[PDB]
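Shown here: berberine bound to Formate--tetrahydrofolate ligase.
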Amino acid sequence: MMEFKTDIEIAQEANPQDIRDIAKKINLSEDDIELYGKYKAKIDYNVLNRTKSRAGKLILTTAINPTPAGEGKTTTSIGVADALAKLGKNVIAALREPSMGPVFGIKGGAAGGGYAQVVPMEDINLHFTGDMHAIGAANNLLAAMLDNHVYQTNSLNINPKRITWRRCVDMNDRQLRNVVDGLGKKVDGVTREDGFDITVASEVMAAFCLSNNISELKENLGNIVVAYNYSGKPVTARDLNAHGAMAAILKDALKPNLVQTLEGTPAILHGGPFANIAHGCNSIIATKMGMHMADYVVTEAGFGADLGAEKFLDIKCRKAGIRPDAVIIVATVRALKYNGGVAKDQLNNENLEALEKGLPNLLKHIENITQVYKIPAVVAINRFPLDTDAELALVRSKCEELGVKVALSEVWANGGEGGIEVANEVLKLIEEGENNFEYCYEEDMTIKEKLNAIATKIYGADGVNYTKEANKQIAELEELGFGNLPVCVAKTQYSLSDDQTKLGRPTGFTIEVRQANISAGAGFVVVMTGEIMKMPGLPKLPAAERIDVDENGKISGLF
Amino acid sequence: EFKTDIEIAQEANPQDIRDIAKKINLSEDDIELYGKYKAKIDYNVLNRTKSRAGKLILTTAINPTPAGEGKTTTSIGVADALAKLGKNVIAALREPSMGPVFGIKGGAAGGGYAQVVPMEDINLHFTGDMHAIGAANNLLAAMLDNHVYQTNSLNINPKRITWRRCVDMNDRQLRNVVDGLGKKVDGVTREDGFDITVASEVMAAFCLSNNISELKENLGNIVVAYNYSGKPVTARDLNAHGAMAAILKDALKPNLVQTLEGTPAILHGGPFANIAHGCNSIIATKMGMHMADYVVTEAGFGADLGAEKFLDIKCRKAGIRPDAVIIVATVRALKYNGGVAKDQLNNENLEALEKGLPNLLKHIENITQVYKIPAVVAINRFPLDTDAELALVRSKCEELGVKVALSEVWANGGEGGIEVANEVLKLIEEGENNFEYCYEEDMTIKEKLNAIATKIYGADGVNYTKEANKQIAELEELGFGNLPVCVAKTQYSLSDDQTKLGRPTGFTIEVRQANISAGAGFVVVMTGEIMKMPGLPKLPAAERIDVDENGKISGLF
Ligand SMILES: COc1ccc2cc3[n+](cc2c1OC)CCc1cc2c(cc1-3)OCO2
Ligand SMILES: COc1ccc2cc3[n+](cc2c1OC)CCc1cc2c(cc1-3)OCO2
Ligand SMILES: COc1ccc2cc3[n+](cc2c1OC)CCc1cc2c(cc1-3)OCO2
Ligand SMILES: COc1ccc2cc3[n+](cc2c1OC)CCc1cc2c(cc1-3)OCO2
Ligand code: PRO
Ligand code: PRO
Ligand code: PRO
Ligand code: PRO
Ligand code: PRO
Ligand code: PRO
Ligand code: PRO
Ligand code: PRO
Ligand code: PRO
């Protein structure tokens, strides 16, 4: 027979505390909190200026390259945080907010999974506290003011063909990828090519997550480059007098959102940019908030260590002035056997030979964390019942040779109890740890030197090649004065290389850069190794067709 | 003696919204808080409480003039006045669109000392209803295009797609677009456009639904296109309405807010008054009548548009009947109808006041003699209004059997509305159930149009273009001839000619176009061009908007 519980059944049967009690666990009075129902809350960012910082530790959760087998990065983050709570520690989980668009294409999902989730699950997947709407409104206001300026006088001499700013919407709408607007009468605007991204891909989202306060948000938004003039110089949102209004739309959204786990552990969800064209981390203001209110903060970055962790350490940690005390590298035996050449169908059979072929992927990410950034790390293996004792022993052997212990995580089935082993090793790394954190590169280096450093040190590439047009675009960015910013490499996440088919630990390859541009608002240069989907489409049978509401207003079909 | 509306709003002491909910017998478990000054009310509270069967007070006005009339200020003021008189009362109002705030600055819900607070939050995101309306609108658009891109098994003709996308911005750039460009995987190339979010039919259907079940059903009946066989394709055909109602599940809960004097207020919905009915949502008015003894609501654009549609559309679908009608006007506005220039409105001009008074008199006749509802004229008094001017207006209105009450709510708060509120209470106790619609649902579209044009506007009849006739003919064949008609004409005149002030007589209505809003449940009829997406000014008000280091917004008002 069978008997099992889906994540939504686990979320339904939960007993979530009043968010006011959750706030009490981190010394947040009722007068420091804006309630959104009794299970969601927004935290005033002005509590930092009137309370004493606990100077909590920072625990960064990452993973190997994503595989169709799944690794359970966010489930481990929530589970380890719950474990530290079982150990009597004052801990906060810092996570991102999901986009709403994909819920209607491919269905929504739990914050984590199993018994390591964040609740309320339904609200988190939909409107939550409205941050996504605030991001999009600010994005589209700047777009309307840009087009309005060109329509009224165009005194800034904006070249319509060099307009880089794009509108956005929080839906999976392929139809809006490439558009032409401004058609009609003379009074209907100026005809030009345009496009829509999904809201989370907007640069507003990136700068939103890299602002320390509302004044830095207003300053970052003004630095956004929306076009170039006929002289080749950048035209910014500040030049349009737009950043003040955009900061007014985001005034409430910039407050971090307080929720909880299934075990009552305080959780903060805030922001959620891409992990290829952005850094893929939750907001700085939320991570700073947590370290100010708790002794431990468990956060995470998307797409695995070669992308999210690299940008957490080289972009976020630089702009926030923070240092991880420990790093959790998540992996599963099935994912490693997948790197070894096993097809997705056969990942449940024992295959020591394939596990050994795919282990160099985990080994490379360990070397990057512990030998390039010099940060104490622990491997968290999300154990499955078919994981043989030899498979676990082989993984532990090769990881011990690099000085890293392997802790078995069972938070998906046992909640915080299943994360005590990982939590204990993390506390051990924090106490026995020293400040050896090193960036992958220095800011004074050129854009090509920074890319060369990341490709060689992190990806394992022999070097970086540039197309004819990429070299031109990088040369312009150096001339305009952007060569002193961090670089954000937008490449595939399924491989250490830029070739999504090269599993394991590819060697003797080169990265092919074909496009580059400036995200002056977020504060980094974006570099492309291929086409990047900034607006997903809907499948043939969208998930929306099964979503329903009953006479009492209960939603079904979401998960 | 006092300051601007934003300064009055800042110097106000709003109570905790939980205490405001206590005034209308709402427990803490009936209330979702959005800070301690806003709250959403569960619409299931109706299913566990006994209805107080409260009275319905409709607030309308004369045709909007550049002089202003202060309609919403009077509604809030009369609501505060009934509170001063120890009555249990709720003010039901509309939510403002956030878009125009960044063009022509924001404004108060009301004005003077008759406001609704928080003013700042109401002008922006409020509780997110506008975002949900747009999300539901844009999901249906994405699923419509996806179906055509995938299989188009419904044989949708892209040249017959009527659904439009939306955004809550004043963006003239998105009026006419071509989307679907790019690779073969980037969609189907076609012409398209955007409207401001509050102009979506999702907004009108949102406001004409009695419960979450009718919302899902109404959303399903929305016509999004036509197949090559000429038959309507709906959102139900796309299996979208269940998902759209899920996006709106929390939005459909009315928003509990308060006035300056602590009176409970509900702001929910905000459709256009020309291409829609311009009323707050039916659930908000039902909720108020369920939880209180008196409800003051309003309709936009004066009696010939909002009040007409409030009575012939909203009242029909909700099954409610107004117990009294407040017709708001000013001496300045009537003298404007009499031929006085905008700059000369401060001098006494009894001759021009008599030339413009027929406008107010026609609206009285429609309320009291066509719909048969008791009415009272509320004059928002100005300091330079001579006693003779006020006496002339009182004279002509009493010839029709309607008292004139002087309103000073703007400068005096609820005290300034006691005179109006008293006549409203007198009209409710002495009134009878004589309410009649202007037309019956059985009549054809052109008969329903001829009924409104002649009885309400004062026209000799209705003329139709060739294209208007074909569209009306096609709407009859498809089976939409049984719905009400929502006439979209100018608000500055009883006629379809914005220059004909006062009380025009020898005119006829020209219909250029007819469309179907099957989700809202009415047929829209055009007399001219309708701007569903306004543009930003040369100097947008958003350039003056700023935020300080503590997160305080300036320049909004
Ligand atoms: C989202 O992440 C997930 C999602 C799903 C997961 C499912 C399972 N596990 C981790 C998961 C995980 O973490 C890696 C490991 C324990 C387990 C035992 C089982 C089983 C499934 C799983 O089927 C029968 O016995
Ligand atoms: C306890 O065992 C340990 C402890 C510490 C170890 C440290 C390192 N390694 C193994 C270790 C090990 O396993 C043998 C492998 C090579 C290496 C290169 C590096 C580095 C550290 C290490 O920093 C920068 O470059
Ligand atoms: C794969 O199946 C598909 C996929 C997409 C299809 C798209 C269209 N049609 C069949 C399709 C079909 O069936 C053969 C025929 C009706 C039509 C009219 C149009 C149009 C595209 C289509 O663009 C403008 O006017
Ligand atoms: C029943 O009659 C029909 C039925 C189906 C018809 C389908 C199409 N057209 C007329 C039709 C018609 O004419 C009256 C012409 C426009 C068109 C563009 C297209 C397409 C199909 C069609 O596929 C892709 O681009
Ligand atoms: O644009 C300005 O004048 C300043 C610079 C940072 C925030 N606003
Ligand atoms: O000790 C650390 O590494 C972090 C840095 C910011 C405060 N605590
Ligand atoms: O490596 C660097 O340049 C800085 C020093 C503190 C941490 N990272
Ligand atoms: O179908 C689309 O429009 C995109 C591109 C391929 C996968 N999803
Ligand atoms: O109505 C309000 O909310 C304004 C703005 C803050 C103080 N008073
Ligand atoms: O079937 C079609 O026509 C579109 C294009 C690829 C899959 N869906
Ligand atoms: O979707 C694609 O990739 C093909 C190639 C160009 C036209 N469409
Ligand atoms: O209209 C409705 O509500 C249902 C949904 C599927 C078809 N009929
Ligand atoms: O499109 C509009 O609404 C304004 C009016 C003239 C200039 N643009």
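Protein chains get the first letters and strands the later ones, always in sequence-line order, with residue 1 at the start of each. All ligand and atom numbering here is 1-based and tracks the order in the structure.
- Lab note - all copies counted, berberine located at ligands 1, 2, 3 and 4.
- Lab note: other chains with heavy atoms under 4.0 Å from berberine (ligand 3) -> B.
- Near berberine (ligand 3), within 4.0 Å on a heavy-atom basis, the structure shows B:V148, B:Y149, B:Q150, B:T151, B:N152, B:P158, B:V188, B:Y228.
- Within berberine (ligand 3), counting atoms from 1 as listed, the ones closer than 4.0 Å to a heavy atom of B:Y149 are 4 (C), 5 (C).
- Of the protein's heavy atoms, B:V188 CG1, 3.2 Å lies nearest to atom 23 (O) of berberine (ligand 3).
- When hydrogens are left out, the protein atom nearest atom 4 (C) of berberine (ligand 3) is B:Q150 O, 3.1 Å; that is the closest non-hydrogen contact.
- Remark: minimum distance from atom 9 (N) of berberine (ligand 3) to any protein heavy atom is reached at B:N152 ND2, 3.9 Å.
- Counting only heavy atoms of the protein, atom 11 (C) of berberine (ligand 3) lies nearest to B:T151 O, 3.5 Å.
- Looking from atom 24 (C) of berberine (ligand 3) to the surrounding protein, the closest heavy atom is B:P158 CG, 3.5 Å.
- In the entry, the organism recorded for chain B is Peptostreptococcus anaerobius.
- When hydrogens are left out, the protein atom nearest atom 18 (C) of berberine (ligand 3) is B:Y228 OH, 3.0 Å; that is the closest non-hydrogen contact.
- For atom 6 (C) of berberine (ligand 3), the closest non-hydrogen atom of the protein is B:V148 O, 3.7 Å.
- Put simply, atom 1 (C) of berberine (ligand 3) has protein non-hydrogen atoms near it, under 4.0 Å away.
- It turns out that the other ligands and ions under 4.0 Å from berberine (ligand 3) are ligand 4 (berberine), ligand 10 (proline).
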